[PDB]
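Drug present: mazindol.
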Amino acid sequence: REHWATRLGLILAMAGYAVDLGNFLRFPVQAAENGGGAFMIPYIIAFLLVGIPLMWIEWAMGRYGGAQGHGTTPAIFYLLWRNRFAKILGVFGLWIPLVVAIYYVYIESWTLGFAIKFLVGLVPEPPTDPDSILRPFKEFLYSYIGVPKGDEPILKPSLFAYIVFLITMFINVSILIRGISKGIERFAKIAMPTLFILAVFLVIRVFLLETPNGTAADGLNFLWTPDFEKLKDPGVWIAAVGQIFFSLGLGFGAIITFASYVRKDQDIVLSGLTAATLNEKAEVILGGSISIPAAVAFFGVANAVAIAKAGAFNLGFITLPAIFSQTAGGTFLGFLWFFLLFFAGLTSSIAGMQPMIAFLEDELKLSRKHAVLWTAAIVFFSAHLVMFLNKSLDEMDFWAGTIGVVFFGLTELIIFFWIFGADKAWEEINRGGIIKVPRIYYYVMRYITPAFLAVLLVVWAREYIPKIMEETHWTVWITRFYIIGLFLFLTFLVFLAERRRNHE
Ligand SMILES: CCCCCCCCO[C@@H]1O[C@H](CO)[C@@H](O)[C@H](O)[C@H]1O
Ligand SMILES: CCCCCCCCO[C@@H]1O[C@H](CO)[C@@H](O)[C@H](O)[C@H]1O
Ligand SMILES: CCCCCCCCO[C@@H]1O[C@H](CO)[C@@H](O)[C@H](O)[C@H]1O
Ligand SMILES: O[C@]1(c2ccc(Cl)cc2)c2ccccc2C2=NCCN21
Ligand code: NA
Ligand code: NA
């Protein structure tokens, strides 16, 4: 079995998995909307009661499976629970990261495309008033993606966007086809320091921003001034538990799969804690110091609330690019911003495609080359739905990327700590540990963590599911149809896997 070569490489690949575009865009917007500095109270709590416990569990489950030659959840769930229904539930740990990959690699390609256009100067140059600067960049994005100009839900990506997507798939494959240590691990040791340098440069340059409308200090101010009155709102605590769960990449199968290349008695307690910490530091220190302070510096604290409500995507793809076109050397600044987002995405997508690759290798005995190429083929092909059908992306992101992962997070806990056995699970986590998990976490993992996840799941199911089902366009059924088909196909592959095993 492939293994991580060095402890540092393992930590950087895992941190690389967790650190993504959300760290630099989603987290700052969530924090501003949910109590500013006060948001750190439920955020740390969520990290301590949900993020950290579940992450350890996924590492444990992964390492446990890897020791027996299985890196994915259909086989691993079955090892923890010898039941047919365990294998079927395990398909979700293959289906979730596959579906997310189908839209994520494409979004990732946008950052590469924007980076290139900025570098060579193929970007708008306004002209005054805020909308006069924002609008040319809104149009730039819309022409790139091919946002529908009619009533048809049809996207028409530019030729540039399509080719960059091809290049982005190629880069992912280039890394993945080299394997865990010589591919994913090797790239982690380059990308994570590169990521750190890019962010630190941006933080310094953003902190120097001074405009007639404000400063970066005003931005840091608006973001970090506590509003403890928002702590009464349960939706702020839901937002925190959700933000932590998504930022750490829990429930995607990626962590389990990556952990399966950790040797049987190699530490996961300290390595896991360190990886999660890297993600948090990148999130609150770097992510919180770039996008929002930059936006508030240029548009003024008066528009801070409006900026936050316009969302993470507009901030990262419209607002910030517009600001850069109005700042000195902003052209090279825009390149760095999107180069940073690209590496953030790239380190996450290679990790997110590994479960499908590992399944083909482990259960269908494909060579790494064949497993990588076929996985890429399925993802490349399916992505055409995301590129050409308006709102298809959102539909996939809701079922697999939002509802899916929390359901799968809960399923993991129950199978491991309740069905497999809490005592067997606890020993599995702490074995080989450089440090031991605090005894208090035995109760957290068993009662607190699933409770939190159960509550989040129900709240979101009651809140969002009726909306998606009743108020969306008929074309959502196309996306629902396709992704349900994918689940059928993966179930069949799992069916073929157990049949081959019966023969040999
Ligand atoms: C059917 C799934 C695989 C084939 C999908 C069709 C590929 C579409 O290819 C298209 O080529 C055009 C060149 O003019 C580009 O401008 C489009 O953006 C690109 O998507
Ligand atoms: C769901 C898979 C996506 C199908 C790929 C669309 C291929 C459409 O193909 C071409 O599209 C061009 C604009 O896109 C048009 O100029 C052409 O008339 C059309 O033939
Ligand atoms: C972390 C933030 C980056 C992810 C945000 C990408 C999601 C944006 O996807 C959106 O799909 C829409 C469908 O109607 C299009 O109209 C939008 O213009 C397109 O940006
Ligand atoms: O960027 C992801 C991720 C997950 C899977 C893939 Cl294939 C690609 C990227 C992601 C997407 C959506 C929601 C959360 C997360 C996430 N957390 C860590 C890496 N990662
Ligand atoms: Na993250
Ligand atoms: Na990443």
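Here the PDB entry sets the residue numbers for chain A, with the shown residues being 5-131, 135-511 in order. No hydrogens, no waters, no symmetry mates; every other heavy atom, side chains included, goes into these values. Every number for a ligand or one of its atoms is a count from 1 in the order of the listing.
The parts of the structure that belong to mazindol are ligand 4. Contact analysis gives the chain with most pairs under 4.5 Å to mazindol as the one the PDB entry calls Transporter. The binding site of mazindol, defined by non-hydrogen atoms within 4.0 Å, is formed by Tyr21, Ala22, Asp24, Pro101, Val104, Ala105, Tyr108, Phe253, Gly256, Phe259, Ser355, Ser356, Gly359. Every atom of mazindol is numbered from 1 in the order shown, and the set under 4.0 Å from a heavy atom of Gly256 is 17 (N), 18 (C). Remark: mazindol atoms within the under-4.0 Å shell around heavy atoms of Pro101 are 7 (Cl). Considering only non-hydrogen protein atoms, atom 20 (N) of mazindol sits nearest to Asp24 OD2, 3.6 Å. Set against the non-hydrogen atoms of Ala105, the atoms of mazindol under 4.0 Å away are 7 (Cl). Below 4.0 Å from some heavy atom of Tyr21 lie the following atoms of mazindol, by number and element: 18 (C), 19 (C). Residue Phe253 approaches mazindol through these ligand atoms, each under 4.0 Å from one of its heavy atoms: 14 (C), 15 (C), 16 (C), 17 (N). In summary, the atoms of mazindol found under 4.0 Å from a heavy atom of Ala22, numbered by their order in the structure, are 18 (C).
Residue, atom and distance of the protein heavy atom nearest to atom 5 (C) of mazindol are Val104 CG1, 3.6 Å. Source organism (PDB) for chain A: Aquifex aeolicus.
In this structure, atom 12 (C) of mazindol lies nearest to the protein heavy atom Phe259 CE2, 4.1 Å. Per-residue contacts place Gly359 under 4.0 angstrom from the following atoms of mazindol (heavy atoms of the residue considered): 6 (C), 7 (Cl). For atom 8 (C) of mazindol, the nearest protein heavy atom (residue, atom name, distance) is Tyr108 CD2, 3.4 Å.
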Using a 3.5 Å cut-off on N/O to N/O, what pairs does mazindol make with the protein? A line per pair would be great.
| unit_1 | atom_1 | unit_2 | atom_2 | d |
| --- | --- | --- | --- | --- |
| mazindol | 1 (O) | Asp24 | OD2 | 2.8 |
| mazindol | 1 (O) | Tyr108 | OH | 2.9 |
| mazindol | 17 (N) | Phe253 | O | 3.1 |

